[PDB]
A.B. asks: 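This is the structure I have questions about; it appears just below.
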Amino acid sequence: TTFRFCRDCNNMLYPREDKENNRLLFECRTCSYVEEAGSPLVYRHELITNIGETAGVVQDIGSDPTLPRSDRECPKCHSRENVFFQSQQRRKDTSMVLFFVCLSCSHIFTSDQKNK
Amino acid sequence: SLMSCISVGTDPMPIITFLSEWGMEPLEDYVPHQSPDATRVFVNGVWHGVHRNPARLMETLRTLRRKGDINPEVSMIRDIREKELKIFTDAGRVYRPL
Amino acid sequence: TXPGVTXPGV
Amino acid sequence: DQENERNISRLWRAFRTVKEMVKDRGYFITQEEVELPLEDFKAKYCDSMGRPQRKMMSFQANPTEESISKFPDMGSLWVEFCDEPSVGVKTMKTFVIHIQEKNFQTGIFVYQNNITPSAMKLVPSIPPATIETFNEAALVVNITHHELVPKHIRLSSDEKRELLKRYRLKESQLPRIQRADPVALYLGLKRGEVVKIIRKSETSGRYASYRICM
Amino acid sequence: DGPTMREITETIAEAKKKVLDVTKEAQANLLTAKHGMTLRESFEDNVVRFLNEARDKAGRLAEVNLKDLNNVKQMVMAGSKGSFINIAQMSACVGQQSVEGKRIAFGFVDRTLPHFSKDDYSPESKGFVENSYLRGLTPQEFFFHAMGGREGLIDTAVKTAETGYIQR
Amino acid sequence: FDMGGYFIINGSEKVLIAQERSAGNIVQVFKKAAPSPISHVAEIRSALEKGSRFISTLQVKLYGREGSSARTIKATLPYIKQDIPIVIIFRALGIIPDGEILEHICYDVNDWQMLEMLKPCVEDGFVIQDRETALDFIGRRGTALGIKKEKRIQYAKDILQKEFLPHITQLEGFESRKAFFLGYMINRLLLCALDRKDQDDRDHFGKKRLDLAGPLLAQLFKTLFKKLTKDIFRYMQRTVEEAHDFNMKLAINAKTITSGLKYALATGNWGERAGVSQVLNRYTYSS
Amino acid sequence: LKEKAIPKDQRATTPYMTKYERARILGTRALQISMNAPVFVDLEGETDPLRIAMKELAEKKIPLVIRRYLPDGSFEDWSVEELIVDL
Amino acid sequence: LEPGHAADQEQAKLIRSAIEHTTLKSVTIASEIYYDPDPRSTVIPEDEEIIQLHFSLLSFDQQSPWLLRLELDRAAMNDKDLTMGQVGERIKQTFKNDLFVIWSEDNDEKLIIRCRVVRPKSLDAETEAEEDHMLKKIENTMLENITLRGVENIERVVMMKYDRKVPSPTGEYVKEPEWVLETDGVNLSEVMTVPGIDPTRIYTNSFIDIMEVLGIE
Amino acid sequence: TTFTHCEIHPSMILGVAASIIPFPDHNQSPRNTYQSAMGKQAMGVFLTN
DNA sequence: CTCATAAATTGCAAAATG
RNA sequence: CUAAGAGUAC
DNA sequence: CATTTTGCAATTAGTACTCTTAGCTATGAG
Ligand SMILES: [Zn+2]
Ligand SMILES: [Zn+2]
């Protein structure tokens, strides 16, 4: 949703209707700091979330020994070795599709077929 | 089990001193925005600080435990996905040799 | 009730 | 207009179940009225505009000769249907006074959705007139045709006396059937009346039980 | 005998190959969930069914191989003691160890033991005991069978208590 | 061949069975049932080894189901009659601005999901915009009900210094550390609630501790010596108020410690649990 | 009692002695034989009171009557002589 | 099923869709709120085509500028016999004229539902700031309070093929296959009255429902 | 090949009572549990004194 | 110096409103 | 003698 | 006229064996 905070008192900013220009305008609720809105979006809700399935990837993810290795093609290095793990989205209905991190380029690529 | 032992507990002050010497960022001035990819160090469950290079810290802690400087009963865990470092020295823990 | 068999009520 | 079609189909099924109920009670209802098809019901009880009407849907039934011989204390019966979704005090009062002045001992009221609480209190009229409320939604499917449901036959006072004499029973020593059971409402049981239950047993071919209404 | 053991091993290998193919089709997302259940539920159902029919086929091969003079076969045929499953487990394959009706669970983080890499859904990693009692069990399979027997004992105690209360 | 490791109480060999318990100072999050208004509960069984050794169960609970739109996270502080909202605690410890609280709880700005789930808490606590106001709110909810309005603040400070997470520290000036730990607990609760992590396994053997003869005798002797020293203080107060002579032998009662230890070891009951001390089985060496 | 006692001419219960009736008849008769009751049958050397009672019942020489209680409290008197022991 | 259509698989599918309870939660991929100053042109280009049909086919001066946008699933519209028109009609019927609702066509690449709250003619100097929250509230109830199709207390339906003993006209008993419905959750009163099924032979594990619907016997 | 430690011996997973069982991997697990609980009832020499 | 006392079932009456 | 507790058999 | 909401303890396989410990603690006063 890309929320922002006030730069005067470090508090939240809320959307506000305008009349002279009929435009969205973000304002503070305790110091009345006023600025424009970058996007009309003000609230997002994910019934089905696609992000977060690859969360926790770190540049030294390969140092984890418990993480298994594979030799599937890397479509940025064409290298063999990489680390693979299933979806981190722990919902009971998630698909078992794997994800792969290359130890040379750190590009995350999955084993899906519909997306490709 | 035959080779399973139970820790008896040691004073965790030396480990805190080791962490502070080896670059443990104090928790008072820890601003997560400026150090997002930071690994949180736990000693006996007490969140003591964060480190920016947990790999070298774990390596030197392992070396010190392996050379006898740290009591071998001390258990050190590095959860890379959660980016956490957990050190347990209290009594009651059940371990086995490997 | 009780509990068991709070109160009623509370 | 699909909602109108499904509503009129449900109303036709409810009417068929009501006629079956009245015939089962012991009154003189012909089989032809029971087996009325959808198109005939649509032609008769629904207007040209397509909205079914209930004021001309209410009817009267009379006991057959067998019931009169077996039950020499029960007369004619009236079946009514409400039009508005919410039945008010005025309509229920008009129905009950119509029952009283037409000299009916039993009148089945059939409502669309519910009855106001202020109308339930005046539902029990002066005896021997009795008012029974049924929901059209609950009357879409006739429960008595289920294979689970056995055959229920109301007993006469003489038959109940003979039963209690032969089996040496008391009123409470009989198996009970609540005076709220869907079958008890269906056959119009009053408390104290015993029904005979014919069941297709698997150890003997036929088993006859008797349940007293409570 | 030797040919029968070879055929049993071939049956186990074929079942494991089918399980690997099912795992590929699930991981490649080409697997469709059966109506009324999720993808993981259908995948686990298929894996358990394949392993169960594998143990059944191996036991049937062993039972057919057993001559009429075989003493365990004689006891089973007489009906005094034993059954087909006992012959299957003693001679052909112990089978799939199940806890709570499911395969062995990931007690450790995403893995059953620290002797298996993360997210390993292969039959050996989740309690399948491909070794008969004649051949003996590997350490991991021994532990998984210990968990299964523990569940059996717990269920026995709970069931006798509950049945006593119900009977009273 | 005798191996030792057991006691001789009244000529009987008594062994102390290793008592299994949940580990202290570990945050555990559990999914709750659908009917209950709380969906997830994050708790710590905080305890400090080098202190009073008293258990304070801090719980962080997430009220409201998935279909509920008002999801307010509430914490169960000790000696508090109500589940205080977390933002009130955060502003009480000294973190007023919303951005600072959210940084102390959430670590990712792009993690807008956690921020969206956390917005009800800040919108609930918007009524308070001052540390003294939040401390006064807690003191008003304080169950002691024996503090004046101006000193409730101080009393709240005590609740937030010596009862809230004792395992961190018992001194003052470390409010930031306890605020960090509270934010970490709320973060764990949200991660368990956002389906990003599975609920902690209660049976995990690394989450359990076995009290051997050492810790068991340690806590038993702690209680028993507390008894003895309280008796010493009572005797000293009596003899100074009555101005009689003071003697050490007439003060100490060795029977206290001796009988307490001998009873707790002779009978399985470990106090004043059961079956802690059992007759050593001598039917077979392996037994 | 007169209202309770159903007359012999219209007893509606089974004329066959039940297993419980036979068990209690044998028990009572064996007990009486053990307590020196007179024997109405010739003895072929038997000495067990139970088998004595069985031999008495075989030729219907037991001077007892069953009073079968209906659930309503009414009772029927079936003499052991006219009961048929079939089981 | 009704004996006339015992083997009719498509009629069985029709019955399954007729009784299977469906909610927008299983259909809506996501929900959002946007600031559209005028209900004639939308700042989002992708959905613009939608309005340039609807506004052309059709009042608009009393609508709140906040717009509630729901993105649905194509596979959800596939496995279930649901279309954009059906759900749009459901929402319009359940919310009256107080919420102006538009939806893209089924063949469109993206399934979008756009809702706007009508503005009362009376001036409101405080609702405008809170209007957004009101929209949120509406969205919440719109996720669960309404039902597209099916009857209540029916979480899921499965269709099995059983095989019964039917007395053949020649005299013997034949193994006739039949399509049978198993339902998770029990709504016996509402399921039994659904047309197309056999009302006589319906049965339920929950004998409480049988007793309270069919009778003590 | 990413091992970090090695079991000193797998037979060390067993306890004191289950280390007496010969070929415990050739047994049904409830039988091993029965023998573990039953060897404590076994009769031998508990102490030489 | 020695006796006397410090899982799963159930089973609702409030209290508030418009 | 009573009570409590522990272990155990099927 | 119509909802509506809330807070928790007692009772829940049979028998059967063996052994171990403990029974108001300490202080006043006749
Ligand atoms: Zn501001
Ligand atoms: Zn690469």
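Here is how names work: the chains are called A, B, and so on, in the same order as the sequence lines, proteins then strands, and each is numbered from 1. Every modified residue collapses to its parent amino acid or to X, and its extra atoms do not feature in contacts. For this deposited structure, the header notes the method as electron microscopy, 2.9 Å. Shown: partial entry. Contacts: counted within the shown part.
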A.B. asks: How do PDB records name the drug found at chain C?
C.D. replies: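 It's actinomycin D.
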A.B. asks: By the naming in the PDB entry, what macromolecule does actinomycin D (chain C) touch most in this deposit?
C.D. replies: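 The chief partner is TS(template strand).
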A.B. asks: I'd love to know which other chains sit under 4.5 Å from actinomycin D (chain C), counting non-hydrogen atoms.
C.D. replies: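 The other chains in heavy-atom contact are J, L.
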A.B. asks: Looking at the PDB entry, what's the name given to DNA chain J?
C.D. replies: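 It appears in the entry as NTS(non-template strand).
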